[PDB]
**Q** 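Below is a structure containing CB3717. Please help me interpret it.
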Amino acid sequence: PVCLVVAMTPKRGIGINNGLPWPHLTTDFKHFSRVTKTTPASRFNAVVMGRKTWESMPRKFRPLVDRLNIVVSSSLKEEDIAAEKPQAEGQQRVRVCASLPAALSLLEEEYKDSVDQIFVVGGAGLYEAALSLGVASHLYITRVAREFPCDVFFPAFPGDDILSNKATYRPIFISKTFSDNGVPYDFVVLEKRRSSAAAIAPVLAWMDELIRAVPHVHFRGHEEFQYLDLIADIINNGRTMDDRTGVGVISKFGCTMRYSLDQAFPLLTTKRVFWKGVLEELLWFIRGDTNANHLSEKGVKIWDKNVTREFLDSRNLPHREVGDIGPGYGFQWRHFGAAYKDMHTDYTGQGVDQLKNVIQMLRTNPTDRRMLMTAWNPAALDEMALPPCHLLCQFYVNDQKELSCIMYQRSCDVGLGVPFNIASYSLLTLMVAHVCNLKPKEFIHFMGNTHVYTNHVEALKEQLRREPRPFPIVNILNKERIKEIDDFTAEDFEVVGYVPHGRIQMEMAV
Amino acid sequence: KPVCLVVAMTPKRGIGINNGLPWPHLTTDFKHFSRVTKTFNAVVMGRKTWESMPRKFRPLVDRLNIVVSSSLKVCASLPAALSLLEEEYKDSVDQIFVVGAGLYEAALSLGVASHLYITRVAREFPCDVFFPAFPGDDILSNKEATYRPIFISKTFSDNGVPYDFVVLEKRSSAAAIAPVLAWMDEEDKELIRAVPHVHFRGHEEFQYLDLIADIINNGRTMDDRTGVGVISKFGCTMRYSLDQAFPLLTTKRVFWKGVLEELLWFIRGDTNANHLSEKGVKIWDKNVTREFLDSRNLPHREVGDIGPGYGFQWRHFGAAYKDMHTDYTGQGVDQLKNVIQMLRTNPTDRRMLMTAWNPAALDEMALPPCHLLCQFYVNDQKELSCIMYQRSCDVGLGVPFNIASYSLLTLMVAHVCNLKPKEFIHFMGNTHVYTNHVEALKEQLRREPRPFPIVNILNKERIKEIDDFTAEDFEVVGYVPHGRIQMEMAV
Ligand SMILES: NC(=O)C1=CN([C@@H]2O[C@H](COP(=O)(O)OP(=O)(O)OC[C@H]3O[C@@H](n4cnc5c(N)ncnc54)[C@H](OP(=O)(O)O)[C@@H]3O)[C@@H](O)[C@H]2O)C=CC1
Ligand SMILES: NC(=O)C1=CN([C@@H]2O[C@H](COP(=O)(O)OP(=O)(O)OC[C@H]3O[C@@H](n4cnc5c(N)ncnc54)[C@H](OP(=O)(O)O)[C@@H]3O)[C@@H](O)[C@H]2O)C=CC1
Ligand SMILES: C#CCN(Cc1ccc2[nH]c(N)nc(=O)c2c1)c1ccc(C(=O)N[C@@H](CCC(=O)O)C(=O)O)cc1
Ligand SMILES: C#CCN(Cc1ccc2[nH]c(N)nc(=O)c2c1)c1ccc(C(=O)N[C@@H](CCC(=O)O)C(=O)O)cc1
Ligand SMILES: Nc1nc(=O)c2nc(CNc3ccc(C(=O)N[C@@H](CCC(=O)O)C(=O)O)cc3)cnc2[nH]1
Ligand SMILES: Nc1nc(=O)c2nc(CNc3ccc(C(=O)N[C@@H](CCC(=O)O)C(=O)O)cc3)cnc2[nH]1
Ligand SMILES: O=c1ccn([C@H]2C[C@H](O)[C@@H](COP(=O)(O)O)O2)c(=O)[nH]1
Ligand SMILES: O=c1ccn([C@H]2C[C@H](O)[C@@H](COP(=O)(O)O)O2)c(=O)[nH]1
């Protein structure tokens, strides 16, 4: 009964020119070593590999230490390998077999009592045979999120949708996202399916008491499970309420998520997020811009329905031109408290530039505890097309020059807005880290009224049947040119290794 | 042979009076009692205790009963009743429970009880029968084998009586996954933990105790404005239920008078700290001395003037500040009034927030506000919840005070809106322990929490609007904390 261990691009690519397609992934090698070596004593595990895989390995590491090595080949002989390098004392002699079935026979015949687990370690010849024989119980797959030139591929398999969009192999384990050398990746395991404190439990018994994301996944390390579980939690436990929009709501109050920013970027994968939209909106905020036509004109229409003639009038703002969000978000960030006129006015130097203050405090006194920016100005709310939802953020620097950010959001459309908000403030954290010579560490999301609209519930349930993919990496390009927060442009960003499931249509509650 | 005692007692160990119970009917305690005693089982009770039971329940059903009188229609002693359980009933008897005094004290002297199931009634009541003193006693009030708590429930209440439940003891797919979890856990000296002997930690105060432990264990050592130094973390969260009891911390006495007076002071939009100090509430004095104000570049401020902070922003957001003797009536935005009006007319609105954070006015304040935003929420059962966001949290000194403060605001706002208080949710930014508090906090972490008290609003009929509350309209009922712990304020 065998296990497969592999690293794989989303297109199932595993090799090129008898080498690996990506730069060195040190955590993946640790993992490989740890999975293939470990045992309870008497025994060792075996690794079975094809001839070219054996040849692809550097001499100094071959044979793989403390594991019985078997090579499947018809041309290489056991004495070829013995001649390559002296067998070290205590290690096993390297065996050669003509086929995978022969390797498994040999294991039974001559190494019962001696080997514990059997691992098939590549290449495509062996992976294919192992799947054909149906002898693989588990797949240890390292999912590399970037595509690389490959000439060798892991075979198609039922359940290969954990890699990319199109007996079965279902994931029972999904880790958080790692990275090395600009490459994001994660680890999954698939499974072939087809009176101490005794007497305390009756008090527990009487004090004690449906929708769930991909419930077969038992180890839920991927940080996107916070979002997926929050959807389920609201649907299971939330309360059905009315709402400003007339569309129903199911709501909860006081919710929390947090996303690491040191290895990869929390752009959700369980549906495609509108990244051009987040980037363009954030730059617009940073400008202090209140003209949503500037967004609309670039193909970002997110503010259009709340800046129509009709919606502005429902807000008693007949004097606003279409597109004018009033003194909201970016205006309050860059010009807190300034007297608003319209979206065409120059406000340079009016009011408080909170963003500048935060940055200057980060650069000069990062232990200060007042590094906040707010968009909630009670005096100006009635002049806004919409009172801000994400209304405050706070920054923090630790010991090691690592920057974390908290954002408070009064109102959270879990279906439509939340993924977008996660990406937006995570990006702001990247931008601020760079300009302050800091390392981005963490985004922390504090949520007030956290809701899913009734007309989203069905689509959200489909979303919960999808397992997450490894997070992408976002790189800031042209770092040397970029010295201040206003220097960033729409071209200074690269999203690397993003492989989300398909878009899900969800109407905005207007 | 294993024996357990089931009891409910006041902090002074009171269990009865005039052959009855001291307190009004405790519904949940009775459930608890029912369950615990059956899973047949034997309950064993003294003569008088049998009488006290109403006849409709007198045979305690689904359990063997034993009365230990020497005068009735049934053993003559407690040793006797234990013999009668080995000899006969040896089979089909699981555990045995003793359920009066005399019986309790017999069971303790003979040393046969291995566990104590105690319902701690938080209030005192007249009693003439008391549970025996016993080592482990401090679990009730502040007054060799010993009894150690192993379980401490959340706080309940019925008929205006707060109470707790504690238990004391006499003293392939997982295989596939394993190697992967193991390496992920590897990286990565002696952790502290609040009362590690308590396994089942239902008491909501454990959030605060665990928070202290987590900061000291996993926080990073940093500098800070005051010069004292802290250990800090960022982004922490607690929540306290308000429907049964009130989260006034019990592992050290919280300064309740101070909480109440500061809050009423906020609500009036008062910015003169001498009004607090003149009432014996000196919490703001060191941040409004001549010296501190000058350090803030405020030489023109009069001693005691906090500037346009907290309450001023609540009641007059954005108004132009003069001094603390000015009348600001009608000026600025009355956020508190707006919040209340929205709660009363359209409680599904998602903009029910109040902020103290006004960037245009920060430099004019003695201290930028720590608790700077709160948001309210109503469900479909008319239950009110409140979230407060705090940018900077002095865990040892400030946090217990802040918890009580906003929980109290929640009770007040619920009342004038004809809602019921449900939950206070505490969101924390820079969450820190000052270096000179660490030792004191380590003492505190050795204390088992007591049941939370309940706070009642008095004269409810007179109180219609948030401004109507006075310092005399509240009663804290059943508060039984451990002693105060001195913690010096970093200025
Ligand atoms: N990303 C990853 O996880 C991994 C990537 N790689 C790499 O993948 C590509 C190399 O693998 P691949 O090209 O498939 O090389 P293989 O390791 O499969 O070696 C190829 C050959 O191995 C022996 N052979 C294999 N299958 C059979 C069979 N089914 N029956 C009989 N003999 C068999 C044969 O050698 P003979 O001709 O002597 O008979 C066949 O020619 C490389 O890039 C290697 O580095 C490898 C392992 C893992
Ligand atoms: N808070 C709680 O959890 C509980 C409180 N209570 C309160 O109990 C009061 C009664 O307790 P208490 O007055 O101590 O009543 P008991 O139930 O202990 O009855 C007293 C007597 O019981 C039999 N007895 C007890 N001890 C001995 C002994 N050591 N040797 C021989 N016989 C013994 C005797 O009756 P005889 O004279 O016939 O020999 C002794 O006089 C009430 O207020 C009752 O409600 C009771 C249960 C629980
Ligand atoms: C949060 C936030 C910012 N916002 C601003 C914004 C404004 C009003 C709102 N109103 C409501 N009820 N919910 C929102 O989330 C919301 C968000 C967004 C608005 C729309 C989309 C959106 O429609 N996303 C879709 C469809 C459009 C597209 O892709 O072009 C998507 O699936 O990407 C995203 C973000
Ligand atoms: C929260 C809040 C409101 N506040 C306001 C307030 C002002 C400045 C602060 N400064 C610091 N560093 N931490 C605080 O918690 C703090 C709190 C409080 C202030 C003091 C006490 C208090 O109990 N002080 C102690 C110790 C005085 C001393 O000797 O230093 C006392 O003796 O009671 C409580 C609440
Ligand atoms: N997930 C996965 N990642 C891989 O890199 C991988 N590689 C191969 C084949 N190629 C190689 C090449 C070198 C070493 C190697 O030197 N291994 C050392 C790593 C030691 C360590 O980091 O502790 C070993 O002793 O395992 C292993 C396999 C087969 N399955 C894989 N599977
Ligand atoms: N913790 C504790 N609380 C008590 O009230 C208590 N009471 C007694 C003695 N008095 C009483 C009185 C009535 C019932 C009683 O009627 N018990 C029923 C019903 C419980 C219910 O009404 O839900 C039972 O079988 O549990 C039990 C004990 C002994 N130990 C106690 N221990
Ligand atoms: O950044 C944003 C902006 C808006 N929304 C959705 C929040 C709500 O479901 C609706 C906003 O309307 P009110 O909360 O103002 O009713 O905003 C978000 O989730 N994120
Ligand atoms: O309600 C309050 C007021 C103050 N503090 C303590 C917060 C800090 O440790 C110190 C305030 O100083 P700065 O955060 O402003 O530096 O305030 C609180 O914990 N709660």
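Chain naming is simple here: A for the first sequence line, B for the second, and so on down. The residue numbers of chain A are those assigned by the PDB entry, with the residues present covering 4-43, 46-48, 74-196, 225-252, 285-299, 310-610 sequentially. Chain B is numbered as in the PDB entry; the shown residues are, in order, 3-41, 74-107, 126-151, 153-196, 224-251, 285-301, 308-610. Heavy-atom basis, side chains included; hydrogens, waters and symmetry copies ignored. For this deposited structure, the header notes the method as X-ray crystallography, 2.2 Å. We count ligands from 1, going down the list as the structure has it; atoms in each ligand are counted the same way.
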**Q** Identify all ligands or chains assigned to CB3717.
**A** ligands 3 and 4
**Q** Which chain forms the chief contact surface with CB3717 (ligand 4), and what is its name in UniProt?
**A**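 With more contacts than any other chain, that's Bifunctional dihydrofolate reductase-thymidylate synthase.
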**Q** Give the letters of all other chains that come under 4.0 Å from CB3717 (ligand 4) at a heavy atom.
**A**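 Under 4.0 Å by non-hydrogen atoms: B.
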**Q** To the nearest 0.1 Å, how far is atom 2 (C) of CB3717 (ligand 4) from its closest protein heavy atom, and which atom is that?
**A** B:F520 CD2, 3.5 Å
**Q** Run the numbers for me: atoms of CB3717 (ligand 4), each under 4.0 Å from some heavy atom of B:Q605, listed by number.
**A**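 It comes down to these atoms of CB3717 (ligand 4): 29 (O).
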**Q** Short list, please: which atoms of CB3717 (ligand 4) are under 4.0 Å from a heavy atom of B:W403?
**A**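 The list of qualifying atoms is 5 (C), 7 (C).
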**Q** Geometry only, no angles: is B:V610 polar-contacting CB3717 (ligand 4) at N/O separations under 3.5 Å?
**A**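 No, there is no polar N/O contact under 3.5 Å.
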**Q** Which UniProt-listed substrate binders in chain B sit within 4.0 Å of CB3717 (ligand 4) (heavy-atom distance)?
**A**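 Short answer: no UniProt residue has a heavy atom that close.
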**Q** Heavy-atom contacts with B:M608 under 4.0 Å: which atoms of CB3717 (ligand 4) show up? List them by number with element.
**A**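 This gives 8 (C), 9 (C), 10 (N), 11 (C), 19 (C), 20 (C), 28 (C), 30 (O) as the contact atoms.
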**Q** Could you tell me whether B:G517 and CB3717 (ligand 4) have an N or O pair separated by under 3.5 Å?
**A** yes
**Q** For atom 15 (O) of CB3717 (ligand 4), state whether the nearest protein heavy atom is under 4.0 Å away.
**A**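 There is a protein heavy atom less than 4.0 Å from atom 15 (O) of CB3717 (ligand 4).
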**Q** Of all the non-hydrogen atoms in the protein, which one sits nearest to atom 4 (N) of CB3717 (ligand 4), and at what distance?
**A**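 Of the protein heavy atoms, B:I402 CB, 3.9 Å lies nearest.
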**Q** Would a search of protein heavy atoms around atom 9 (C) of CB3717 (ligand 4) find one under 4.0 Å away?
**A** yes
**Q** Would you mind pulling out the UniProt dUMP-binding residues of chain B that have any heavy atom less than 4.0 Å from CB3717 (ligand 4)?
**A** B:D513, B:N521, B:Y553
**Q** Is any heavy atom of the protein nearer than 4.0 Å to atom 32 (O) of CB3717 (ligand 4)?
**A** no
**Q** Against heavy atoms of B:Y553, which atoms of CB3717 (ligand 4) measure under 4.0 Å?
**A** 12 (N)
**Q** Touching CB3717 (ligand 4) at all, B:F374? Heavy atoms, strictly under 4.0 Å?
**A** no
**Q** Nearest to atom 28 (C) of CB3717 (ligand 4) by heavy atom, B:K405, B:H490, B:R603, B:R344: which?
**A**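 The residue whose heavy atom sits nearest atom 28 (C) of CB3717 (ligand 4) is B:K405.
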**Q** Which residue holds the protein heavy atom closest to atom 17 (C) of CB3717 (ligand 4), what is that atom called, and what is the gap in Å?
**A** B:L516 CD2, 4.7 Å
**Q** Based purely on interatomic distance, does B:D513 place a nitrogen or oxygen under 3.5 Å from a nitrogen or oxygen of CB3717 (ligand 4)?
**A**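 The answer is yes, given that B:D513 and CB3717 (ligand 4) share an N or O pair closer than 3.5 Å.
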**Q** Quick one: nearest non-hydrogen protein atom to atom 12 (N) of CB3717 (ligand 4), plus distance?
**A**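 Here the nearest protein heavy atom works out to B:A609 O, 2.8 Å.
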**Q** Provide the residues lining CB3717 (ligand 4) within 4.0 Å, heavy atoms only.
**A** B:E381, B:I402, B:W403, B:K405, B:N406, B:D513, B:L516, B:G517, B:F520, B:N521, B:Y553, B:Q605, B:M606, B:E607, B:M608, B:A609
**Q** Pairs of nitrogen or oxygen atoms, one from CB3717 (ligand 4) and one from the protein, closer than 3.5 Å: please tabulate them with distances.
**A**
unit_1	atom_1	unit_2	atom_2	d
CB3717 (ligand 4)	12 (N)	B:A609	O	2.8
CB3717 (ligand 4)	13 (N)	B:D513	OD2	2.6
CB3717 (ligand 4)	15 (O)	B:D513	OD2	3.4
CB3717 (ligand 4)	15 (O)	B:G517	N	3.2
CB3717 (ligand 4)	29 (O)	B:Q605	NE2	3.4
CB3717 (ligand 4)	30 (O)	B:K405	NZ	3.2
CB3717 (ligand 4)	30 (O)	B:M608	N	2.5

